[PDB]
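Numbered from 1 within each chain, the chains take letters A, B, ... in sequence-line order. Values reported hereafter were calculated over all heavy atoms of this structure, with side chains retained and with hydrogens, waters and symmetry mates removed. Only a selected region of the deposited structure appears here, and contacts were counted within that region alone. Header entry for method reads electron microscopy, 1.8 Å. All ligand and atom numbering here is 1-based and tracks the order in the structure.
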Amino acid sequence: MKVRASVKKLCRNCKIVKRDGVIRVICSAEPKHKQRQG
Amino acid sequence: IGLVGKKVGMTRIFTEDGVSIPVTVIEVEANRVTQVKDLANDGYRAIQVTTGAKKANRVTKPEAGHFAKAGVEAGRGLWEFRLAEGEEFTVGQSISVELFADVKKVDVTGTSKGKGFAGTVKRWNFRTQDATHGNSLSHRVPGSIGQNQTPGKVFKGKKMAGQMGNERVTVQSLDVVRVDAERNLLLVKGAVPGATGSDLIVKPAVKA
Amino acid sequence: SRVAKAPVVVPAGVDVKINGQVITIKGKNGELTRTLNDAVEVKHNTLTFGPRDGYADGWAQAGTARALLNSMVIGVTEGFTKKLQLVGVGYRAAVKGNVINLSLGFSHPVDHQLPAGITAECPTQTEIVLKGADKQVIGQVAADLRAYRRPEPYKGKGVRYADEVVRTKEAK
Amino acid sequence: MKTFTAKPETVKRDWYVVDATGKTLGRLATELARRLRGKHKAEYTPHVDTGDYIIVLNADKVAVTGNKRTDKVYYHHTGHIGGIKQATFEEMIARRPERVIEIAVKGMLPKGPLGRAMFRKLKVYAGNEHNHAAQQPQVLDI
RNA sequence: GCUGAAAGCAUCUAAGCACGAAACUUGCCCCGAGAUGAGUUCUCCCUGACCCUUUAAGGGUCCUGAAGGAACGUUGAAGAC
RNA sequence: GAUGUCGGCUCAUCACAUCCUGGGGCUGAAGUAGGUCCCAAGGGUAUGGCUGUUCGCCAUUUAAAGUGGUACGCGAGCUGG
RNA sequence: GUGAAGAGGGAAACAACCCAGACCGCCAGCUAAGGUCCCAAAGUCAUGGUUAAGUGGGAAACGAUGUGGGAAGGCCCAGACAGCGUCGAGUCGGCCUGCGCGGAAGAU
Ligand SMILES: C=C[C@]1(C)C[C@@H](OC(=O)CS[C@H]2C[C@H]3CC[C@@H](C2)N3C)[C@]2(C)[C@H](C)CC[C@]3(CCC(=O)[C@H]32)[C@@H](C)[C@@H]1O
Ligand SMILES: [K+]
Ligand SMILES: [K+]
Ligand SMILES: [K+]
Ligand SMILES: [K+]
Ligand SMILES: [K+]
Ligand SMILES: [K+]
Ligand SMILES: [K+]
Ligand SMILES: [K+]
Ligand SMILES: [K+]
Ligand SMILES: [K+]
Ligand SMILES: [Mg+2]
Ligand SMILES: [Mg+2]
Ligand SMILES: [Mg+2]
Ligand SMILES: [Mg+2]
Ligand SMILES: [Mg+2]
Ligand SMILES: [Mg+2]
Ligand SMILES: [Mg+2]
Ligand SMILES: [Mg+2]
Ligand SMILES: [Mg+2]
Ligand SMILES: [Mg+2]
Ligand SMILES: [Mg+2]
Ligand SMILES: [Mg+2]
Ligand SMILES: [Mg+2]
Ligand SMILES: [Mg+2]
Ligand SMILES: [Mg+2]
Ligand SMILES: [Mg+2]
Ligand SMILES: [Mg+2]
Ligand SMILES: [Mg+2]
Ligand SMILES: [Mg+2]
Ligand SMILES: [Mg+2]
Ligand SMILES: [Mg+2]
Ligand SMILES: [Mg+2]
Ligand SMILES: [Mg+2]
Ligand SMILES: [Mg+2]
Ligand SMILES: [Mg+2]
Ligand SMILES: [Mg+2]
Ligand SMILES: [Mg+2]
Ligand SMILES: [Mg+2]
Ligand SMILES: [Zn+2]
């Protein structure tokens, strides 16, 4: 998990999702792309 | 439940394999049930027991009538034990140390020996300051008791000199060495609170 | 929306019992039931799904309500299947009644009591096949069984969903 | 002439029963506070308790808006250093549901001897029963 | 994480459901009803005359003196008092 | 028309930007053992040599030898290098 | 300009800000700033919107299918967009703007 102020889609397979008031990047392809805004 | 006993003193049991077990000898005479508390009347489940034998002149008329209602002799006091979900007892029932026959560990509650007014060194294990190297009148004194203007007060619970001991203490999870129902004796491994002669409340160990 | 607009067809066999918000679906494979979100209207052939008035979400709640009752209809009718595979030397599974007993390379037994509604059988030691009416419950049990030893990224060892692609990488 | 003052020894205090079920905590509390103080009476006198006895039933079913059931926090300090304690609304409801209403009303009553006296006339119950049928409380809708 | 729409897909979340830490609430120990919101239970004790005036939780007398308490004494592994 | 000062000693108390122990994501994470980030303040968190030292270096421990605030906490508490 | 040398009302508290300049008395009335759910005087006032963050009631670059409004496009029943030729209705992402969200750690 990357915890960052700037969370972004890093590839095609990244998806932005808001869960419990938190913007997250989930990625089917690359676990390194998983991000939480914070 | 538990039973009320008396600290007789300490001794040892030598085992066949050459271990000396330090034991507190607890005299557990018959605990007579004086009152059964229920949810309807009292709002909780408990027995009140008495033990020993008080002398008629020292038994007040209020005390006498309470014992007389139960149909038991006056003992030296009254103690309550909360009842488990299953447990049932009747008024006037006598409960012996046989209660503890299969109990492996007990919690023993007593009143600790009274040390009176105790300094911080004794009471709280404070370190002494220098005996020499210039120390002026401040060998066993507590040192600083706070900070400065912030907070400008001493905090509650500050460890200071005062009354030590002469208070309720429970020692938990003492091994039952021997239940001698014939002599009204319970032998527990190790020390328990209070002086020889003091009342002890013995209960099966809560922890296990 | 496009989910909710589609009405769930009723197969024969499986009776529906709406009341208030709570719906009941009973067939050959048991009797499921759900209280739907109070913003939802269901309308019995075919259960329709559309939005109730005075409710901002509405079509969102109706689309889930649809999707839930589609699965409920399919659940009491056909039922749902999940298969887990075990991977790893000496990893085995075996069912004793409603308890799965998994050997997963631990220094102790692992015994998952399967919840009511879920049946399980092991076609061989390295396969569980769960069966039940609730799609949610059978998914939850499968997830619980997977969680004992999640598929690991070097050699793929653990409890996997039989479908799942376990991405494996090489050691540094 | 001199303006009327209520006299504590001659004040008429009536008994009321309120159902807290589904009421917004704060909007109930203000109406309770008003009536405990006696602001609803023409005989209202700031230095006299002219208010009414109020039984509140079903305190455990009092409602809050938003995320306040989980997120409204009740703080108290024990007086011991580091002794800041907290409980959420839902925890307060589970443990001591009468305290939710009582705390809400207490903060809306005057501070000082009279405000404390006013609060004593509030009788909050977790459930639907009270022991005060002898006082003959009239239903009061809020 | 499950199920799952909004957004035919996907999505742990919006509805719903499940896990999840020495933190939190308990569980363990001690204090604790001045908790003036002063709680409960059990037991014990007292079942006399009389007259005023401000007729009222009014006042005084004669008789009575309970339960129990205190005091005093002998004291204590209780204690500065 | 005085708000006693460095360091030590005694006694602390809070914050969390966490040193250890607890939970977790990613790893250029095989394992072992790390790296990094997130959660977490319950409790715990060296003794000596040298020097007035704080610090530092050094020796040898430890699960760890946390970082700060508190009149650079604490002389109507001690010391006075 | 005010304080100094200026009281009163408001800004929780608060010389210097806002309102306003106290000759004395009144248990009359109207207003100012500021207010009107309870503490605490006065709208739980009316109508139309926005916000779901207790935002309101602390904090930037920057990040984001939060959500409202406006103008204009691309592609689309010569079948678009997504899922798997099929499928039958919209879809796509820039622009301007309102209100929110993360960014956001401190000592009694
Ligand atoms: C006499 C004043 C002292 C005791 C000490 C003072 O320290 C000095 O003033 C340094 S000069 C030094 C003071 C004394 C008296 C003469 C000689 C010179 N030395 C022995 C010192 C440390 C400050 C710097 C100034 C303020 C002080 C109050 C708080 C504080 O820390 C004090 C004064 C108000 C205090 O009374
Ligand atoms: K009492
Ligand atoms: K410190
Ligand atoms: K890690
Ligand atoms: K800690
Ligand atoms: K200073
Ligand atoms: K000093
Ligand atoms: K001082
Ligand atoms: K001194
Ligand atoms: K002027
Ligand atoms: K706020
Ligand atoms: Mg969560
Ligand atoms: Mg003593
Ligand atoms: Mg020492
Ligand atoms: Mg001297
Ligand atoms: Mg000396
Ligand atoms: Mg102060
Ligand atoms: Mg006030
Ligand atoms: Mg879906
Ligand atoms: Mg531990
Ligand atoms: Mg002076
Ligand atoms: Mg932190
Ligand atoms: Mg804490
Ligand atoms: Mg704990
Ligand atoms: Mg050193
Ligand atoms: Mg200092
Ligand atoms: Mg410090
Ligand atoms: Mg001195
Ligand atoms: Mg000082
Ligand atoms: Mg010198
Ligand atoms: Mg001047
Ligand atoms: Mg002025
Ligand atoms: Mg002013
Ligand atoms: Mg003011
Ligand atoms: Mg007017
Ligand atoms: Mg008012
Ligand atoms: Mg209105
Ligand atoms: Mg705010
Ligand atoms: Mg912002
Ligand atoms: Zn990606």
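Of all chains here, the one making more contacts with ligand 1 than any other appears in the PDB entry as 23S rRNA. Drug identified at ligand 1: retapamulin.
Other chains in heavy-atom range of retapamulin (ligand 1) (under 4.0 Å): F. Defined by non-hydrogen atoms within 4.0 Å, the binding site of retapamulin (ligand 1) is F:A2, F:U3, F:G4, F:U5.
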